**Q** 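Take this structure, written in structure tokens, and hold onto it; I'll ask about it next.
Positions are given from 1 along the sequence. For ligands, and for the atoms within them, numbers begin at 1 and follow the listed sequence. Scope of the values below: all heavy atoms of this structure, side chains included, with no hydrogens, waters or symmetry mates.
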Amino acid sequence: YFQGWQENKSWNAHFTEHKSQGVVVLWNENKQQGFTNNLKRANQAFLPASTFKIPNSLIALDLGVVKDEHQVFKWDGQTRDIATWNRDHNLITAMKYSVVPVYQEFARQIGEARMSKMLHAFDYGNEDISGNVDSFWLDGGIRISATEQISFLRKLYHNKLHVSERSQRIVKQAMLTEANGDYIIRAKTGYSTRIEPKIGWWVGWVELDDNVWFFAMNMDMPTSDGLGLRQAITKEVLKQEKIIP
Ligand SMILES: *C(=O)[C@](NC(=O)Cc1cccs1)(OC)[C@@H]1N=C(C(=O)O)C(=C)CS1
Ligand SMILES: [Cl-]
């Protein structure tokens, strides 16, 4: 059961408007239909970078590295570039502000053996954790494409990943990004800088009253000045398709 990714190059106007290039992939859950502006880049695999916080949190929770979304992970004292990293954090706040050292410690505690076994169970990307156990999603060998992200998120939404239902619900809670009377967005941003090409990520889904639209976008990010375009371009596509007002 798969009809195919229906191409819609109309969305490229939003990329060129902001002098950007990239891909947006949408998936209508109720109708089982996928749509993208660039079928090739939709299957192009990249480093997941901070979007790896979704599987990392799941494993850490299911193994007991993280007890719940309230456990405090104390700042190790090292002053870092991002100001919000230099405080204590919980799972909600570590995901919101994308606190790498918190998740690097998660990976070290998970272990290379369990990280590989768990990502194979998740069917996540190329399932290659080669590199440092606490940095392989930043400069190692793991690659995931936008369509593979949607595939992974769909299983997470339906509690179908091979971790406990509780772990999956906690992560989906920590993914909450926006909510109003019209929609709910559960998503994770991402930014890959070490290995070329430099790209920005945004993967997640839009919850409506009677449907859910999964999305996974990436775009060339030569400078950090356009990080806001990850969400801005994604929403412009969502508004054009009448998914959000
Ligand atoms: C996750 O993507 C994030 N990105 C970076 O720190 C960029 C890199 C540094 C070394 C290799 S990639 O941490 C891994 C966080 N990402 C975001 C985001 O937009 O999601 C941030 C703005 C904070 S750093
Ligand atoms: Cl929630």
**Q** Hey, which drug is sitting at ligand 1?
**A**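 It's listed as cefoxitin (bound form).
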**Q** In this deposited structure, which macromolecule lies in greatest contact with cefoxitin (bound form, ligand 1), as labelled in the PDB entry?
**A** Class D Carbapenemase OXA-48
**Q** What residues sit within 4.0 Å of cefoxitin (bound form, ligand 1), counting only heavy atoms?
**A**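 Within 4.0 Å on heavy atoms: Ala49, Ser50, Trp85, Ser98, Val100, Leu138, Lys188, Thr189, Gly190, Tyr191, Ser192, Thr193, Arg194, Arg230.
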**Q** Under 4.0 Å from atom 3 (C) of cefoxitin (bound form, ligand 1), is there at least one protein heavy atom?
**A** yes
**Q** In the PDB record, what organism appears as the source of chain A?
**A** Klebsiella pneumoniae
**Q** What are the atoms of cefoxitin (bound form, ligand 1), with element, lying closer than 4.0 Å to any heavy atom of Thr193?
**A**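 In order of numbering, the contacting atoms are 7 (C), 8 (C), 9 (C), 10 (C), 11 (C), 12 (S).
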**Q** May I ask you to check whether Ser192 has an N/O atom sitting below 3.5 Å from an N/O atom of cefoxitin (bound form, ligand 1)?
**A** no
**Q** Name the ligands and ions, other than cefoxitin (bound form, ligand 1), that lie under 4.0 Å from that drug.
**A** none
**Q** By number and element, which atoms of cefoxitin (bound form, ligand 1) are closer than 4.0 Å to a non-hydrogen atom of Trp85?
**A**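 Those of cefoxitin (bound form, ligand 1) that fall under 4.0 Å from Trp85 are 24 (S).
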**Q** Among all protein heavy atoms, pick out the one at the shortest distance from atom 14 (C) of cefoxitin (bound form, ligand 1); state its residue, atom name and that distance to 0.1 Å.
**A**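 Protein heavy atom with the smallest distance to atom 14 (C) of cefoxitin (bound form, ligand 1): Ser50 OG, 3.1 Å.
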**Q** Return the residue, atom name and 0.1 Å-rounded distance of the protein heavy atom closest to atom 20 (O) of cefoxitin (bound form, ligand 1).
**A** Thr189 OG1, 2.4 Å
**Q** If the entry models a covalent bond for cefoxitin (bound form, ligand 1), which residue and atom sit at the far end?
**A** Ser50 OG
